[PDB]
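Please read the structure below before turning to the comments.
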Amino acid sequence: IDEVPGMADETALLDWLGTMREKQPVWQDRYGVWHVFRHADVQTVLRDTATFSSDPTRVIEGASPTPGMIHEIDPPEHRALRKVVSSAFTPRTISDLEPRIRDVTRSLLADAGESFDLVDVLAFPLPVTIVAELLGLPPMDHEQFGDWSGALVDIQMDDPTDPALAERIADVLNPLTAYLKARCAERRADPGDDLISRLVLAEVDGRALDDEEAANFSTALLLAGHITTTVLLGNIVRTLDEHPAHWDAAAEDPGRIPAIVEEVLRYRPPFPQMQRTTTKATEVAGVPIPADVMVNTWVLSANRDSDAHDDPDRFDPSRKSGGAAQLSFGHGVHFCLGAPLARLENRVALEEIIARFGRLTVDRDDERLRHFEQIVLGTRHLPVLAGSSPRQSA
Ligand code: HEM
Ligand SMILES: Clc1ccccc1C(c1ccccc1)(c1ccccc1)n1ccnc1
Ligand SMILES: Clc1ccccc1C(c1ccccc1)(c1ccccc1)n1ccnc1
């Protein structure tokens, strides 16, 4: 009746979510937030944007959406802005990144010894380097860019109800946003082919982005790639380490890797929950929910729901997977804009791990392994051990 268990103890959280799907699939917590646990009900909510709005500022007095952020806005404005941003951040822009992601990955892994932190070595520097280059930032600016991004990632280790959270976020986000806004002005003066240049030049149905909107979107790209590569890649290695036969399977046929990625997403989604606000009195699975309250859709619970997935707690890459049905990227019109980049970056990273090492295991003699306590499902670091590498003279 009391409290939502924390992210850190994954077993207890998963156990609790099980009991809820079973006994209270639509639950109202002590703060008046409504949780939704079943795959079918989560889908219902995510599809009905008219009832379940993505704007959480509407019920907070003088707060308004962040300009250039598509995840806080509803149709029809949502469609119009995602059109503008996509015309810049295009499918071909992402896919063209493969050789460089591979190059950076291969270089970063070649200097890692045999015992190292997978996050410090790879999962943290790779996405920052890639986004920075995508954005067109001078190499000399990259370190500070990653410093700002890292500081924001570190904050997510902290309690979200800590009343200083908002202020701490502001002290890093402000200079980061200032920086990007100044780069947008620069590309406006002299546009090239980098993403910031495409952002300031983009226009769809007469809608163009100002430097504020362009910089905010660029900020979301940085933080999205950084946090998610850190979390998903760690989850990939942790999960494979629990089912180590797949390492050999993927070594013999690297074409098996995209399915592994999808199954790790299902099994250990970087974001276990998403939020909506009701716009009117409504119902989920016969349970009445009043107007103007927050609803939490538990992607984690839905992904483990036996009505949606056979033997839902079995790690099994052989499942049908892929595409728009990957609930870990959400569902419907807000389906992750970065899904192609996520899928690409983590596939290349896993290809390269296997290429050099054959496998990694989570280091047992090291608990630098601190789980994110809220928002994210995974760890800030992942101490690993390579049993084999090209460095062995045997
Ligand atoms: C494994 C990696 C990732 C996961 C698990 C993930 C997850 C998600 C989820 C669940 C949503 C939907 C939020 C909602 O419905 O309210 C979303 C939206 C979004 N994601 Fe990702 N994401 C990942 C990687 C990325 C990357 C690399 C980018 C870089 C652009 C990105 C950018 C975005 C953007 C801009 C939105 C808002 C889309 C919209 O509102 O139309 N994500 N993401
Ligand atoms: Cl964490 C989060 C969740 C949902 C929306 C925005 C953010 C965000 C943030 C803050 C700290 C660490 C990582 C991300 C954020 C998301 C994307 C880009 C920048 C910041 N944020 C919190 C307050 N304003 C913006
Ligand atoms: Cl970029 C970010 C940082 C920290 C937490 C969440 C996100 C973000 C998101 C927003 C709502 C629900 C789940 C995740 C996000 C926040 C603000 C703007 C864009 C994306 N995200 C990271 C990757 N894809 C989406």
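The residues of chain A that appear here are 18-411 by the PDB entry count, in order. Ligands are counted one by one from 1 in listed order, and the atoms in each one are counted from 1 as well. Heads up, header says this was done by X-ray crystallography, 1.9 Å. Any value given below was found using the heavy atoms of this structure, including those in side chains, with hydrogens, waters and symmetry copies removed.
Choosing among molidustat, phenylbutazone, clotrimazole for ligand 3 gives clotrimazole. Of the chains in this structure, the chief binding partner of clotrimazole (ligand 3) is, as UniProt puts it, Erythromycin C-12 hydroxylase. Residue-ligand proximity, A237 to clotrimazole (ligand 3), at heavy-atom distances under 4.0 Å covers atoms 1 (Cl), 18 (C), 19 (C).
Per UniProt's heme-binding annotation of chain A, a non-hydrogen atom lies under 4.0 Å from clotrimazole (ligand 3) in no residue. UniProt substrate-binding residues of chain A with a heavy atom under 4.0 Å from clotrimazole (ligand 3): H88. Counting protein heavy atoms under 4.0 angstrom from atom 23 (C) of clotrimazole (ligand 3) gives one or more. Of all the listed residues (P286, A241, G347), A241 holds the heavy atom that lies closest to atom 1 (Cl) of clotrimazole (ligand 3).
Residue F288 holds the heavy atom nearest to atom 25 (C) of clotrimazole (ligand 3) of all those in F234, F288, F346.
Within 4.0 Å of atom 12 (C) of clotrimazole (ligand 3), not a single protein heavy atom is present. Protein heavy atom closest to atom 16 (C) of clotrimazole (ligand 3), with residue, atom name and distance, is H88 NE2, 4.1 Å. Within the structure, clotrimazole (ligand 3) lacks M291 among the residues with a heavy atom less than 4.0 angstrom away. Heavy-atom proximity to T245, at under 4.0 Å, picks out these atoms of clotrimazole (ligand 3): 23 (C). For atom 4 (C) of clotrimazole (ligand 3), the protein comes within 4.0 Å by at least one heavy atom. With a 4.0 Å heavy-atom cut-off, clotrimazole (ligand 3) is reached by the side chain of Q173 but not by its N, CA, C or O. In this structure, residues within 4.0 Å of clotrimazole (ligand 3) (heavy atoms) are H88, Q173, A237, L240, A241, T245, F288.
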